[PDB]
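Step one of this worksheet: look at the structure below.
To find a chain, count down the sequence lines: A is the first, B the second, and so on, and within it residues start at 1. Going by what the header records, the deposited coordinates were determined by X-ray crystallography, 1.8 Å. Counting convention: from 1, in listed order, for ligands and their atoms alike.
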Protein chains: 2
Amino acid sequence: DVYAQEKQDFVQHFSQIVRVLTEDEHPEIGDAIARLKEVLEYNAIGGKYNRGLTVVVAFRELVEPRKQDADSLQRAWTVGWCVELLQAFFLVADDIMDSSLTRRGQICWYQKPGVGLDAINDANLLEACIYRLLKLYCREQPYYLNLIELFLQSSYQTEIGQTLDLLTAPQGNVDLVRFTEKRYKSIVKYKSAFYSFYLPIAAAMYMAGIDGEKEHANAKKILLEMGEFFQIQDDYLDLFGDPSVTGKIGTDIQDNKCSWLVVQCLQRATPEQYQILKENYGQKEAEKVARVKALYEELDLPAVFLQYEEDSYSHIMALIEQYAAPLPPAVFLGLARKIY
Amino acid sequence: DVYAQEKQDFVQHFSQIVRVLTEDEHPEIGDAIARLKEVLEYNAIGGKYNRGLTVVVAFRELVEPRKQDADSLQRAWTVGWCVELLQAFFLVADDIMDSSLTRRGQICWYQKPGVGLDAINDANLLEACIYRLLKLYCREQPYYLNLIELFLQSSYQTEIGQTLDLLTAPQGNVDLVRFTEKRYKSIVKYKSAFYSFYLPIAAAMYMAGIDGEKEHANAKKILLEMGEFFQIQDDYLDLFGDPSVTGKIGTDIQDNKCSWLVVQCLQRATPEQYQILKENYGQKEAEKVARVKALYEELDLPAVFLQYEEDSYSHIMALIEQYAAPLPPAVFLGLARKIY
Ligand SMILES: O=P(O)(O)C(O)(Cc1cccnc1)P(=O)(O)O
Ligand SMILES: O=P(O)(O)C(O)(Cc1cccnc1)P(=O)(O)O
Ligand SMILES: [Mg+2]
Ligand SMILES: [Mg+2]
Ligand SMILES: [Mg+2]
Ligand SMILES: [Mg+2]
Ligand SMILES: [Mg+2]
Ligand SMILES: [Mg+2]
C-alpha cells in the first residue's frame, strides 16, 4: 500500500514532534513538559496512524512533485500528526466518559494508577499541541488560517456528535424508542465522520491550494459516507471483534449506546425479543450483556453486517466515480482499500 | 465604577450570544444545541463578569469614540463573552479535577444528578463556542488571527499551569518539601495570571490595533503581577473566605494543593508545627483540615495576607507608573480597584 510506503518516515517524524513540543522547556515549566511528553508517548503512539498518514499520502498525490520540497513534506507530516493529536484528545476524554478499560492493547490512560481524572487536563494539552505545531511549522503559509479553522470546526462537530452520543445513552435509563436509524446517522455524522475522513483529506487539499467550496463539498460527499461506514464497523467490532486485534474492550451494551447493532436488532425483533433486549440492555451484569449478544446472534446480525459492508463498499465506489473529479481517484481509493 | 456602568449592556448581550450559538439548529443536532444552551446558562452566568467586562471597559478606553460604532461595540461585548467562556471551560474541568462541591452558589455542574463525567465534553463545547463567536463576529476584521492566536495561547498556558498544579498536589501523597515559593509563583503565573488579566486587556489592545510586541510586553509586566496577587487572594479565601460571598467551598487542604497559605506556613513553622502540618495535610478528614486551619491561625497567616495585599497593591501601582504608557493609566487603575 501507499500507506505502508509512507509510514516509516511518518512514524519517525514523531520523535521530532515531541522534541519541538518539549523544546520551550522557560525551565520553570519543565515538570509540566515532562508530563506532556509522557501523555504524548502513551496516547499518540501505538495505533495504525491511518488518519495522519492520509494527510501525507493525499499531499503527495495532490501537490506537484516539483513543489514537494523537504520543508513542504515536513509540514505535511506535521499536519498528519496534528490529526493524530486531535484523535488522541478525543479518545482520552471518550474513554473516561464511556468507562472504558483498554485502548490500543494497554490500560486506558485515565485508568492508570496515579492518572485518574487528571486525564481531563492531559487531553486538553493534546488539543493545545495541534495549534502549537500549526504555528511553529505553518504560520507563514497561505493556508495557515484555513487549517486553524478546519481543526477548530472539526473539534466543534465532533463535540456536538459526542453530545448526541451521550444524550441518547443515559446511564441506568433504558428507552429503546430513542434508538432509530435517523438518530444513529446523525450521531455518527457528527461524532466520527468529519474528523476521521474529511479532516485529513481537507487538510491536504488546503495545503495543495485547493480551497474551493465546491471541491470541498464534493470530497465531503465521499468522505462523510466512508466515515459513517467506519463507525458502523466500529460498533460491530465493539461486540464481535477480537480485542487482541481491536486493542480495546467493548462497552456499548453496558453503556446503553445507540449502536448500529441495537438499531438493527430493533428493526428485526419480535415483541418477545424486544422485551428481552429491554430487560438486559444498558446494565453492567455480564449475564445480561451475554443475553443481548445471544439475541444479536439469533437475529443474524453478523450476517447483516457482512452484507452491509459489501453494499456500502459498492456505494462509496459509485460516489468516487461521481465526485472524485478533478482530484485523483487514487486519493479516495487508497483510503477505501485501507478501511474495507 | 466604569464596570458598573458597562455591565447592564454586557449582561444583556448574553441572550444574543446564546441565540446566535443556538441559531444553526441542521435540525438533527437540536438535542445537542438544547444541551449546549443548558451548559451555557448554568456555567457562563452567575459570576461577577469582571474578566469579560475588562474587554469592554478597555475597548472603550483604547478605541477613539468616533471608531466605537454600534458594530464595533457588539464585537467588543462578544469578545468579552469569549473570555467568560474560556473561564467557564476551565472551571467546569477544574471542579471535576479538584473534587469541588459548589461554584457560584450552586452545585458544581459535574455534581448535578444526570451530568457527572459528561461534563468533560460540555466543557470542550464551551471552549468551541469561543472560536464560533470569533468567526461569526470578527472574521473580516484585521485582528481576527491575533485574537484566535491569543485565546489558543492563553488556553495552552493555562493548561500547562494546571499540569503543574496537579503534579505538585498528588492525592494521598504528602511531601511538603515540594511546596516552595519558587514553585508557587510558577504555578500561578501559568494557571491563572495569563488568562485572567493579560488575556482580556490584550484582546482589547488587538481590537484597538495595538499589536506591538513592546506594548504587549509592558502590559504583561503589570497584568501578570495582578494575576499573581489575585490567585494568592483566591488561595486565602479558599480557607478564610465566607462561602456565602465566594460562592464555593474550599478544597485546597483536602486536595494537597501548593496553596499560598501552605507555602507561608512552611516559611514560619517550627519543627513541631511542621510535623502537625505533615500529619494533617492532604486528607479528607474534617478534624485534620481543622488542625491545619488552626495552625495557620496560630501563625497569624490572616495578618500576613493583609500585609501582603497592602504591599502588592503598592507594587502594582508602582508598575502602572512605570509601564502603563502610552496606554491610559485608567485601563489598569480600574481593574486594580476591582480586584483589591
Ligand atoms: O474507539 P471507541 O471508544 O469505540 C469510539 O469510536 C471513539 C470515538 C470517540 C469520539 C468520536 N468518535 C469515536 P466510540 O464512539 O466511543 O464507540
Ligand atoms: O476557583 P478555584 O477552584 O478556587 C481556582 O482558582 C480555579 C482555577 C482554575 C484554572 C485556572 N486557574 C484557577 P483553583 O486554581 O482551582 O484554586
Ligand atoms: Mg468510546
Ligand atoms: Mg464514545
Ligand atoms: Mg466504539
Ligand atoms: Mg479549583
Ligand atoms: Mg484547581
Ligand atoms: Mg482556589
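- This structure shows the largest set of contacts to ligand 2 coming from the chain the PDB entry labels Farnesyl pyrophosphate synthetase.
- Notes: drug at ligand 2 recorded as risedronate.
- Within the structure, the other chains placing a heavy atom under 4.0 Å from risedronate (ligand 2) are, by letter, B.
- Binding site of risedronate (ligand 2) at 4.0 Å, heavy atoms: B/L91, B/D94, B/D98, B/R103, B/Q162, B/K191, B/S192, B/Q231, B/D234, B/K248.
- For atom 17 (O) of risedronate (ligand 2), the closest heavy atom belonging to the protein is B/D234 OD2, 3.1 Å.
- Within less than 4.0 Å of risedronate (ligand 2), the structure shows other ligands or ions, namely ligand 6 (magnesium ion), ligand 7 (magnesium ion), ligand 8 (magnesium ion).
- Per-residue contacts place B/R103 under 4.0 angstrom from the following atoms of risedronate (ligand 2) (heavy atoms of the residue considered): 1 (O), 2 (P), 3 (O).
- Shown in contact with B/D98 at under 4.0 Å from a heavy atom are these atoms of risedronate (ligand 2), numbered in order with element: 16 (O).
- Protein heavy atom in closest approach to atom 8 (C) of risedronate (ligand 2): B/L91 CD2, 4.0 Å.
- Among protein heavy atoms, atom 11 (C) of risedronate (ligand 2) sits closest to B/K191 O, 2.9 Å.
- Summary of contacts: the protein heavy atom closest to atom 2 (P) of risedronate (ligand 2) is B/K248 NZ, 3.5 Å.
- Below 4.0 Å from some heavy atom of B/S192 lie the following atoms of risedronate (ligand 2), by number and element: 11 (C), 12 (N), 13 (C).
- Between B/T158 and risedronate (ligand 2), no N or O atom pair is found at a separation short of 3.5 Å.
- UniProt Mg(2+)-binding residues of chain B with a heavy atom under 4.0 Å from risedronate (ligand 2): B/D94, B/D98.
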